[PDB]
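Structure containing nintedanib.
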Amino acid sequence: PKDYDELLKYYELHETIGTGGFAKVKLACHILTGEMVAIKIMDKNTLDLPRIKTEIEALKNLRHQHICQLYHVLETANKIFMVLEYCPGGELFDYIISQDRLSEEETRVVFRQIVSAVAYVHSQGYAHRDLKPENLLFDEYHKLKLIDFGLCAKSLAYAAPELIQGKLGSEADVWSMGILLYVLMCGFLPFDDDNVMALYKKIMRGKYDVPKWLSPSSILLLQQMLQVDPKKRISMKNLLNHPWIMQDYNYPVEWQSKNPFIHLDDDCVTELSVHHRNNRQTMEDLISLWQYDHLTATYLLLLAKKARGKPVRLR
Ligand SMILES: COC(=O)c1ccc2c(c1)NC(=O)/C2=C(\Nc1ccc(N(C)C(=O)CN2CCN(C)CC2)cc1)c1ccccc1
Ligand SMILES: [Cl-]
């Protein structure tokens, strides 16, 4: 109750919109902007504590069009709150359930965004190591956003044989994306079993069912991504411009950030200094501290307004 006092200053909390084992996420409204945000809540006491320093510091160093944006971090005696970009389209998994499976054309659209995000994550020196439809969300634009960076440093169905054997984090994400590709185009996992060691065994053998509806080029790509030997596996580089990926596009995956923090935004800075009745130069400095506090939150949520073609205005 007193743990939520600091948060409730800045946000109107709505329902729990989801709950994994490690954290609960609530929908909320940022009071100063009216912007919807997802707030991941973690109990420090009943927790795996390294998992959230991993995620927060990863998110501070990752700014990308298909990575879920962090805004505000609040730590209390008993809680850690992470205010994040709200993605109303929900999990990719649920879209794959409602449609039985995606067509090759629709899969490619979706998959190029995943390859974009993961390729960027690798460019910054990280490896996600937990890639699956549950960890990809559709934003308001029906564009994908990658989430849950708790295992990415410098699921077993999606885990690569080397990663389970504990021997190469970049090649393991390629494997996981192979499983993801398969799920998108088939509607089920290529390796699956109710017994965890039997699933393990299937993964090591590398043999899977190849449904009739798949094209020969899809099957080739799956065969290249799901090599048990990571040396034989296709690298991230040649994934970006693979003939299958290029189909209907004819350019490689644009993996670079289209929203890199170059300088600041003057329209956001002015509205803050105007709304708070502060010296403009002083407002430029406190934003530039980048503490991921309520001020950082307000600035970043005003960029979000600009990014969606809306006026940068507080109330
Ligand atoms: C690093 O990033 C993260 O760690 C992270 C993790 C999760 C989310 C996130 C960031 N950002 C989000 O938005 C997240 C979720 N968002 C969501 C969106 C839509 C739904 N769905 C499908 C609803 O139907 C909810 N819907 C109900 C009706 N009311 C009126 C509106 C809200 C459910 C969850 C979500 C959270 C928990 C688990 C799964 C996903
Ligand atoms: Cl692209």
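Numbering, chain A: per the PDB entry, residues 1-47, 50-156, 171-183, 186-333 in sequence. Note: hydrogens, waters and symmetry copies are ignored here, and every other heavy atom, side chains too, is used. In listed order, ligands and their atoms are each counted from 1. Recorded method is X-ray crystallography, 2.8 Å.
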Map nintedanib onto the structure by ligand number or chain letter.
ligand 1
Largest contact partner of nintedanib (ligand 1) in terms of UniProt
Maternal embryonic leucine zipper kinase
Hey, quick one: which UniProt domain of chain A is doing most of the touching with nintedanib (ligand 1)?
Protein kinase
Which UniProt-listed ATP binders in chain A sit within 4.0 Å of nintedanib (ligand 1) (heavy-atom distance)?
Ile17, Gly18, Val25, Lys40
List the UniProt active-site residue of chain A that sits nearest nintedanib (ligand 1), with the heavy-atom separation to 1 Å.
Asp132, 10 Å
Just curious, which residues make up the binding site of nintedanib (ligand 1) with non-hydrogen atoms under 4.0 Å?
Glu15, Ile17, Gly18, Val25, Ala38, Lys40, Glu57, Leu61, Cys70, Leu86, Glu87, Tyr88, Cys89, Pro90, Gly92, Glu93, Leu139, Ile149, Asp150
